[PDB]
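Entry with carfilzomib (bound form): notes follow.
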Amino acid sequence: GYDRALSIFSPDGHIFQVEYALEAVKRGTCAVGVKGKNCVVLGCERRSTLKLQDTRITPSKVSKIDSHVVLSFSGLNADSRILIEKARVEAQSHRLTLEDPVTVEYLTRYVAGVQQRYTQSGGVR
Amino acid sequence: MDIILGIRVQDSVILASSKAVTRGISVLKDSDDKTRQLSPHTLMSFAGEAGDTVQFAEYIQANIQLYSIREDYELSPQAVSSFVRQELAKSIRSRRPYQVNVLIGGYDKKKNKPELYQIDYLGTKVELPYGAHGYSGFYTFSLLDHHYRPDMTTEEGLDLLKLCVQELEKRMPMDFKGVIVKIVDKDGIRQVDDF
Amino acid sequence: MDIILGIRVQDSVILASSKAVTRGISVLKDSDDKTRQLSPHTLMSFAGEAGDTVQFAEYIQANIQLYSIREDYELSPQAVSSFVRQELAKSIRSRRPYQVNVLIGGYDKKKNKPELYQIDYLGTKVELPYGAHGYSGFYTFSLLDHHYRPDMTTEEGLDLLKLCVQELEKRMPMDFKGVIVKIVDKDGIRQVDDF
Amino acid sequence: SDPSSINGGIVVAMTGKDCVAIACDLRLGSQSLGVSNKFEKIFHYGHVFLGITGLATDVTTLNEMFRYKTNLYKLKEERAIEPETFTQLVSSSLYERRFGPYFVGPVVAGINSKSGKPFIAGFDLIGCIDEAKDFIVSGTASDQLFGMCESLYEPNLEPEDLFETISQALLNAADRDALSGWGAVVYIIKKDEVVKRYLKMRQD
Amino acid sequence: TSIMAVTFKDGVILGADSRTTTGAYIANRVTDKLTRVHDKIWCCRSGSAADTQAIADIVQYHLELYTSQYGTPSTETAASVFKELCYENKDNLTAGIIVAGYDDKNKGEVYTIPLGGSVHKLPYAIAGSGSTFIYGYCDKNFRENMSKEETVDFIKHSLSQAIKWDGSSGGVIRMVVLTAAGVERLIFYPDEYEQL
Amino acid sequence: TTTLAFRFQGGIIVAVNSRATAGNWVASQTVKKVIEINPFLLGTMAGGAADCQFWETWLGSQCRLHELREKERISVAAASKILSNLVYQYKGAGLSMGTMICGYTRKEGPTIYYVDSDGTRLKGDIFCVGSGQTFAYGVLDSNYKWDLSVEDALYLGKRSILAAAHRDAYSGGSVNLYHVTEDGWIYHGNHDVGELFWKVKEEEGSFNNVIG
Amino acid sequence: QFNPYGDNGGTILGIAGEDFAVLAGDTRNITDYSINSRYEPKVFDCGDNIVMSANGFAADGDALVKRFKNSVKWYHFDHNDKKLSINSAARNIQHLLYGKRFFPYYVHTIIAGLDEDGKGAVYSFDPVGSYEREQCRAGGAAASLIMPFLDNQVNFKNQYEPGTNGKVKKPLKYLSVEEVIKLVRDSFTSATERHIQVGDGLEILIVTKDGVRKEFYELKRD
Amino acid sequence: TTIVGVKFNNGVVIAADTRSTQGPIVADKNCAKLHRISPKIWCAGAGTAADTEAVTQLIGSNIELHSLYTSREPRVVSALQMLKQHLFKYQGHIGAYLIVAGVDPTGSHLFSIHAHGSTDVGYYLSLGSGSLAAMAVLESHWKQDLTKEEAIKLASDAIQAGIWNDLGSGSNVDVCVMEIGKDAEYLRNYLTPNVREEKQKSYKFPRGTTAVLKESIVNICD
Amino acid sequence: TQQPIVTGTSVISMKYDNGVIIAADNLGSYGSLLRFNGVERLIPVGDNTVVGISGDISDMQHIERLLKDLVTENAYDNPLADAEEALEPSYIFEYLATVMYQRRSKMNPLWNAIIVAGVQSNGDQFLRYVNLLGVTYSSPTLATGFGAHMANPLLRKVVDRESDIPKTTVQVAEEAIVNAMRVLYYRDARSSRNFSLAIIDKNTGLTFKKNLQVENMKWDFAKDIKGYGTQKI
Ligand SMILES: *[C@@](C)(CO)[C@](*)(O)[C@H](CC(C)C)NC(=O)[C@H](Cc1ccccc1)NC(=O)[C@H](CC(C)C)NC(=O)[C@H](CCc1ccccc1)NC(=O)CN1CCOCC1
Ligand SMILES: *[C@@](C)(CO)[C@](*)(O)[C@H](CC(C)C)NC(=O)[C@H](Cc1ccccc1)NC(=O)[C@H](CC(C)C)NC(=O)[C@H](CCc1ccccc1)NC(=O)CN1CCOCC1
Ligand SMILES: *[C@@](C)(CO)[C@](*)(O)[C@H](CC(C)C)NC(=O)[C@H](Cc1ccccc1)NC(=O)[C@H](CC(C)C)NC(=O)[C@H](CCc1ccccc1)NC(=O)CN1CCOCC1
Ligand SMILES: [Cl-]
Ligand SMILES: [Mg+2]
Ligand SMILES: [Mg+2]
Ligand SMILES: [Mg+2]
Ligand SMILES: [Mg+2]
C-alpha cells in the first residue's frame, strides 16, 4: 500500500498540507449558517460563470444526512461527497445500535473525526 | 414467530402477523409486532429462527433508509423485494444463514398499485394476491382460493382476513395470541388497533 | 391429551381435563372427555400416548365394574388406586408399556372423605390435596401452593380451579380448548356444564 | 432417563449402643418438579425396618412384596423374621431379577430379638449385601452422606446422641442435593421401643 | 496364539506356544493349548479360550460316549464332531481348531477347522495369529514322511519364528507326539528356541 | 435459577434466587444473580454462570464508556442492545444466557428488556427467566396488578421466587430483592428461604402441602 | 479419537478465618486406577500473599497457575510494584479462564489470601470463570463428601440452639487457625477413607499478614 | 479388587483384599471376598460383587447336594466344572472372576475362572484390578517347593502390592489356608495395615441441636 | 488427531542415593507384529541427562532431533556451554513439557510418554514424567505403560518414599530395575528380551549400557502344567 506521510510538520510547527487544504476551502463558494430561535437556515452561494446548467439534477449544495440533520460545505466538491456518504452511513448505524437518531453534535464529532484521521494517516491527503 | 399472512386487494396490501413469542413451555409475550417499516409505503413482516428475524429485518430497514436519504427518493416495492431476495440468496450459502421468511407489502406510487411479495429464507421470491409462511398456508390458501376476489375493498379484505384468523384459531394446535393487522396503501402505513 | 388437573377439597374431589385432541397441525376435536367412571363414587381422568389412554382407562373400568357385580359392593378409592397402580407397575416392564398418566378422584363412603390419587405411567402413586400431570403442574402447583386451603368448599375449589385454567390459558403454548370439570362427592359424580 | 435419579431421595442407617437408627427424606419428584413431601421411604415388617431409595414405583412394589413374603414367613415359622434372615431374603429377591432389576438402594435396620445385637445392612440394585458395623447410606446424595457419616460418626452412641448424629448427617447431605429433602423422618430403635421423629429442614 | 500339527512317518505331532492374552497383557504364560479329546486324538486350540474349552469338553464327552457304544472312533469322526459344533454355532463362536490323531490303519492324520466351521484334511496345518509369519517358512521346509526328530525340529523352528514376530505368541513350545508307541509330551524353553 | 422482574405503578421490582447447580450437585446457595451495572441499571443472570457474569460485567464497561463519550447515561434500550448484538455474534457457539436488563431513564421511564443467548430481545412489563420460571409466573400472574403498592410489589416478587424455590429442585438458597425508581435502584436485602419459607407459611397460611 | 482431557484426581479445600485463610489439598496424583505420584503439590504460593490451586486436569491446572503467576509478575512491572489485591487477582483469573471459554481449562480453581481490610478471603472458580467469594469451599474429586461437612461445621448449617424449639440458629463466628486445621485434617481423612482418588499426603498453606506458612500431614496410602 | 492363589508343599493358599467400590466411592472397607464352596474348597472372587457371591453360593449348594448323593467329599474340579459351565452359558454377563482352590481325595488344586467361562491352572495366580501389581510380586518372589508359611507370606505380599498401588484395592488382607489332611483355616483380617487414625475432634452434638417437628411411638408388636 | 503406528512399550526408572537409573527395551512394535528389534529409546542429552521415550517411534525420532538441535543452539555464543551454562535435565524437561502441552492444545499431539532422568549441577537427582496430554509428575519411581502397573509396585518396595532414597544403593537399584524388566518380559505382550539401561551418577557420571538381556528366568514349572482343569495327561 501507499504509505507516504503527506501531512507532516514543518520547522515553524505548521502542517502545510492541512493549511493548503484550508486554501481550497477559501477558494470554494461561500456558505453561511444562521440559527434563529426555533430554526436554523443554511445559505449557499452558487457561482454564475456557469450558465446552461441543469438545476434539477445538479448536486445540491446542502445535503440531508438524516431526516433531521443537514450538511452544507465549502471547498472541493468531490471531497464533500465522501464525508457526506460516511456521515449518512454512521447516521443509520447509530439508529440501528442505539435505537435513536444521532444528535447534531455526535454527527459533527464523527465527521470531524474522519477529517482529522486524514491529517495523520499515511498515503492520504 | 409462527403466523404471518398477507392479502393484496384492489387499493391496498394487508399484513397480519401473530403476537405470540414462545420459548419452551412459556409464552413470553403476547403483543409482539413482527414487522418493520422499510419505507413510508413499504412494510415487511417476518417469521423464523429466534434472533435472526429481527436482526435481518432491521438490517434491511437500515439499508433501505440509507438509500432513501442518499437519493432523496423512495424505492419501489419491487426494487426493495429484489434487494431483500438477493440478501437472502447470499445468506443461504453463508457459514450461518439467516433462517427468516418474510412478506413484503408495499404500495407503488408510480404505478398506483398495491404489491405483495413472499420471500422464504432460501431467497425464493414470488408476487402473490395472498401469501403466508409456515403452517398457516396449509389452512389459509385453500380458504382464500375460495373466498378471495381481486377487486375487493380494504374492508372486504379485513373480513376475509378475519375468516382466516378464525380458522387458524380453530384448527391450529398452538395458541398464537391473535394478530396485529397493518394496512399499506397510497396514504402510507397504518395499524388496525381493534382486531 | 395434555392437561389434567385434580383438586381435593373438604367434601369433594374436582377433576378438570382439557377438551382438545390434537394430531399433527390439526385440532381434530375440542369436546373430548378424558375421563371414565370406574364406580358410582370413583372417577379416573387420564392423559398420555394416543390409543393407550382410552384402552387402559376402559380396561380398568371393566375390571372395577366386574368386581362391583361379583361382590355387590363398591371398592374404596384407595383400593381402586392400588389396583390401577399395580396394573401400571406390571405394564412398565412389559414388551410395550401403557404410556398413560392418571388421576383418580373418589369419595370414600365408609370414611366420608374425598380422596385424590396421582399415578404416572411408571406406577408411581401419591395421594395429594391437588395434583396434575404433564406440563400443567409447572404452573398450577405453585399457584395452588399459594391459594389452596384444606377446608375449602366445592364452590371455592371451582374458583381456585378457574384461576389455574386462566393461568394455563395465558402462559401455555398450545391451545387446549378449555376443560371439562367433574365433581366427585357423597352423592356420586356430576359434571359442571358451564365452565 | 436414569431410573435411580428421577424421583430422588435418601436413606441412612446407623448403629449405636444397644440401638439402631434409620432415617430418610420425604421428597418425591419428577426430575426438577417436586411432587410430594409426604413420601416416606422407610417401612417395617414386625421389628425389622427397611428403607428403600431409588425409583419410587419399585420402592412401593418392593414394600408390598416384602410385606407379602414376611407375612407368609410368620404364618409358617410362627415367629417374626429377624434382620439377618430378612437381609438374605432381600438379597435373594433382588438377584432373582438380575437381568431386569428393581432400581433401588435398600437398607435394612433392626435389632435381633434373640441376641439383642444391633444390625444394619445395605444392598445394590441386584442384591449384593453390604454389611456394616457403623453406617449404611443410600440415595442421590450418597456421596454427601458418606462424607457426613464418616466424619460425624463415632461408635457406641446412646439413642439420644445417635439421634442428633444421624439427623445432622441426613440434613446437611440433603441440603447439598437438589433431588433430596422436603422433610425428613428418623426412626430410633431400641430393643422394645421405637421412636419416630419428623425433622424440621429447609423446604427448597 | 501359534499352533501347528504335522504328520510324519511314525504318526503325527502337535505343537503350540503357551501364551494367553487379554489385550497386551499376558494372562497366562504357561498355557496348555494341546488338549486330549481321546487316547490318541488331540487338538490344538486357537481363538477364544472359553469357546475352545467348551467345545473340546463337549467333543471329549461325545467321543467317550461313542467309545462306550461303538469302540474307538476315527480321527475323521472326531474332526466331524468339532466341525458340527463349530459350524452350527458359527455366529457365537471364535474358535480355530486343529484336530490330530493316530489310527493304526490310517496312521497320522491332521484336520484343520477354521472360523467358518469348514473341515480341511492336510499333511500339516498351521493356525493362530502367529501362523501368518511362517506360511513361507513352513511351505519351503515341510516334507512328507519325515522322521520324528526332523518333525520336532520343523515344528520347533517354525513356532520359534512365529513367537519371534507375533506379540500374541510366546512362552514355551509344547509338543505332543502321537504314534503306535503311545503318547509323548515334549516341552522347549525360550533359552533353547529363541537362539535358533 | 429463577429470576423475575416486573413493571408497576411505583417503578420496577427485581427478584432472584441464589442457587448454582452442576447437574444435581448444589454448588452454591449464595450467588449474586443481579449485577449492578450503574445506579440506574440492573442485569439479571440465568443460564451459564460464567457467560452471564462475564458478559454483564463487560456490559457495564461498555455502558461506562458510553457516558464518558456522550456525557449522558445510556438508555436501557441501548444497553440491552449492546448485549443482544454481542451474544448474536456468538450465536451457535454455545453461550447460555437468559438475562433481563432493568432500569430507569428520563426519556424511557421504567423499562425492562429480556435478552437471551439465541439473540432474542424483548421489551415487556413482566418476565420470569430460569429453570423455575413457570412456578414464579404462576404466583406472579395470579396476584399481579398495576396498582400494587411498593410494599405489596416487593412481597409479590419475593413470594414468587419462594414459590419456585420450593417446587423447582434447581432453585433455592435465598431471595435478593431490588426496587428501581426514578431516583435509581434500591437494594431490599437478602432473604434466606430456610427461614422465609416457614415465616411465610405461618403468617400467610399457605403451603398446606408441606408437613407443618 | 484423541481426547485432550484427563482426570488426575485429587481434592482441595479452602477456608477463610478472621485474619487468616487456608488452602489445603492432597498430594496424590492419579490416572484411572494407577498412582502417578504420592507427593505432587498442587497448592502454590503465587506472590502478594495469594495462594492458588487448580484441581482437575493437572496439565490445565499447571498451565493456569503458571499464567497467573506470570500475570502477577507483569502487574508489578506495569503498575509500579503495586500489590495485587485478592479481589483483583480473582477478576484477572476470571479473564484467564473465560479466555478459553470454547476450549476450557478442566479445573476447579480456588485462591485464598487476605482482602484489603486484612480479613481472610477465599475465592472459587468454575472451569470457565464464574467466581464467588466464600468463607468455605471444597473442590475436586471428593468435594461432594467434604462440602456438606463444612456447611455443618464452619457455617453451622442445620444447627439450632438447644432448647429453643429450633427457633434460634447457632450463631455464626470466626474459627481459630487451630480449629480450622482440625476440620481440614478430619475432612481429608474422611475423604481418604471413602474416596479412592484421595490419600497419600495432605499439604496445607496458611496465609496471614506475616506471610505464607506450610504444614504437611500423612494420609493413608491405599 | 486384588485376589491371589498360591500353591505350596502340602496344600494351597488364597488371599484377597477387602475393598468394595461403587464408582470412585468405597462402599465397604471390610468386605469378605473369600467364599466357602465346601468345607475344604474355597473361592476368591473379583468383578461384579453380587455375581461372585450368587454363583459361588449356587455351586456351593449343588456341591453339597452332590456330596450327599455320592457319599464322597467334593472335588475342586467338580466346582470348577460346574462354575465354568454356568458362566459360559451366560456369555460373560455374569461378571464373576474367581480363583478356586481346595483340597480333596485327589490332592490340592488351584484354578482361576473368568466371566466368559475359561479356566486356567497354575502354581500362582492373580485376578482383579490389582492383579498386575500382585503378579509382579508373584513373578519376582515365587519359587517351587514353598512351605506353608512362605506361601502365606508371598500371598499376603501380593495382596499388599494391590492394596498400596491399585486404587481399586485397599484396607485389609484376608487369607484361607487349605492344607492336605487338615481342616481349612479361614484367617479373616489376617493383616490390618490400614487402620484409621484418631480424629482431631469429636463431632458429638449437644442434645437438642436438631430441630424437631413431631414425635410418636411406633408399634412393632402385634 | 493421530494414531500411533510403530510403538515402544514401557520405560522404567527410579532414584537412588547418588543418582537415577532408567531403562527401556529395544523394541519397535507394529501392532501385534514385533517389527523392529534394534531401536534405542534412551537418548542421552549431554553427560548428565537421559530422556527415555515410549509411544510412537516417528514422534520419538522427531524429539531426538529437537534435543540434538537444543544442544547445538545452547552452544551458540556460549563460552560456558560445557560448564556453568550447560544444559540441565530441568531445562530439557521443561522444554519438552512445553512442546507436549502446546501440541495437545493444537489437537495434534506427539503420541508419547517421556521420562527425563538426570542429575542437576548441584548434585540433585532429577526424575520427571510428561506425556502426550502435557501432564507432568515426579516421583521416586516413574514408569510408563505396563511398567506403571507392574514395575512401579516392585520399585516402590525399594523406594516407597523420599526418605528411602539415601538408603538405596546403585547396586540395589539396578537389581530392582533389571528384575522389573524381566517381569515385563513375562507379562507384557509387546516387550522384548533385549534392552538398554542408563545410570546417571553425580560422581561417576553417565554410564550407558547397551545390549542387555533378561536372564535367570523361571520356565521349568511349565512342564508340570497339563490341560486347563481335569486333564491328567
Ligand atoms: C492367540 C493369542 C491368538 O490367536 C491364541 O489364539 C490364544 C488361544 C489360547 C489361549 C486358547 N487366544 C487367547 O489367548 C484369547 C485371545 C482372544 C481374545 C479375545 C477374543 C478371542 C480371542 N484370549 C482370551 O480368550 C482371553 C482369556 C482370558 C484372559 C482368560 N479372554 C479375553 O480376552 C476376554 C475375551 C472375551 C471375548 C470377547 C469376544 C469374543 C470372545 C471372547 N476378554 C476379557 O476378559 C475382557 N477384555 C478386557 C479388555 O478389553 C477387551 C476384553
Ligand atoms: C439455576 C440455578 C440453574 O439453572 C440458574 O440457571 C443458574 C444461573 C446462575 C448460577 C448464574 N445456572 C446455573 O447454576 C448453571 C447451570 C448450568 C450448568 C452448566 C452449563 C450451563 C448451565 N451452572 C453453572 O453454570 C455452573 C456454575 C458453577 C456451579 C459455579 N458451572 C458449571 O456447571 C461448570 C461450567 C459449565 C460450563 C458451561 C459452558 C462450557 C463449559 C462448562 N461445569 C462444571 O463445574 C463441570 N463439573 C462440575 C462437577 O465438577 C466436575 C466438573
Ligand atoms: C475390585 C474392587 C474391583 O475390581 C473388586 O473386584 C471388587 C470385588 C468384590 C467386592 C466382589 N469389585 C467390586 O467392588 C465391584 C466393582 C464393580 C462395580 C461395578 C460393576 C462391576 C464391578 N463393585 C460392585 O459390584 C458394587 C458392589 C456394591 C457397592 C455393593 N456394585 C455396584 O457398584 C453396582 C453395580 C451393579 C451392576 C449391575 C449390572 C452389571 C454390573 C454391575 N452399581 C450400583 O449399584 C450403581 N448404582 C447405585 C445406585 O443404584 C443404581 C446403580
Ligand atoms: Cl486355554
Ligand atoms: Mg435440596
Ligand atoms: Mg512373542
Ligand atoms: Mg427447590
Ligand atoms: Mg483412598
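Each chain gets a letter, A, B and so on, in the order the sequences are listed, and its residues count up from 1. Excerpt of entry shown; contacts counted in excerpt. Whatever order the structure lists them in is the order used to number ligands and atoms, beginning at 1. Any value given below was found using the heavy atoms of this structure, including those in side chains, with hydrogens, waters and symmetry copies removed.
Counting all copies, carfilzomib (bound form) can be found at ligands 1, 2 and 3. Contact analysis gives the chain with most pairs under 4.5 Å to carfilzomib (bound form, ligand 3) as the one UniProt calls Proteasome subunit beta type-2. At a heavy-atom cut-off of 4.0 Å, the other chains in contact with carfilzomib (bound form, ligand 3) are listed as D, H.
In the structure, the covalent bond to carfilzomib (bound form, ligand 3) is made by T1(H) OG1. Per UniProt, the active-site residue of chain H found nearest to carfilzomib (bound form, ligand 3) (heavy-atom distance, rounded to 1 Å) is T1(H), 1 Å.
For chain D, the deposit records the name Proteasome subunit beta type-3. Binding site of carfilzomib (bound form, ligand 3) at 4.0 Å, heavy atoms: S4(D), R98(D), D124(D), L125(D), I126(D), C128(D), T1(H), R19(H), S20(H), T21(H), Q22(H), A27(H), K33(H), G45(H), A46(H), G47(H), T48(H), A49(H), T52(H), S129(H), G168(H).
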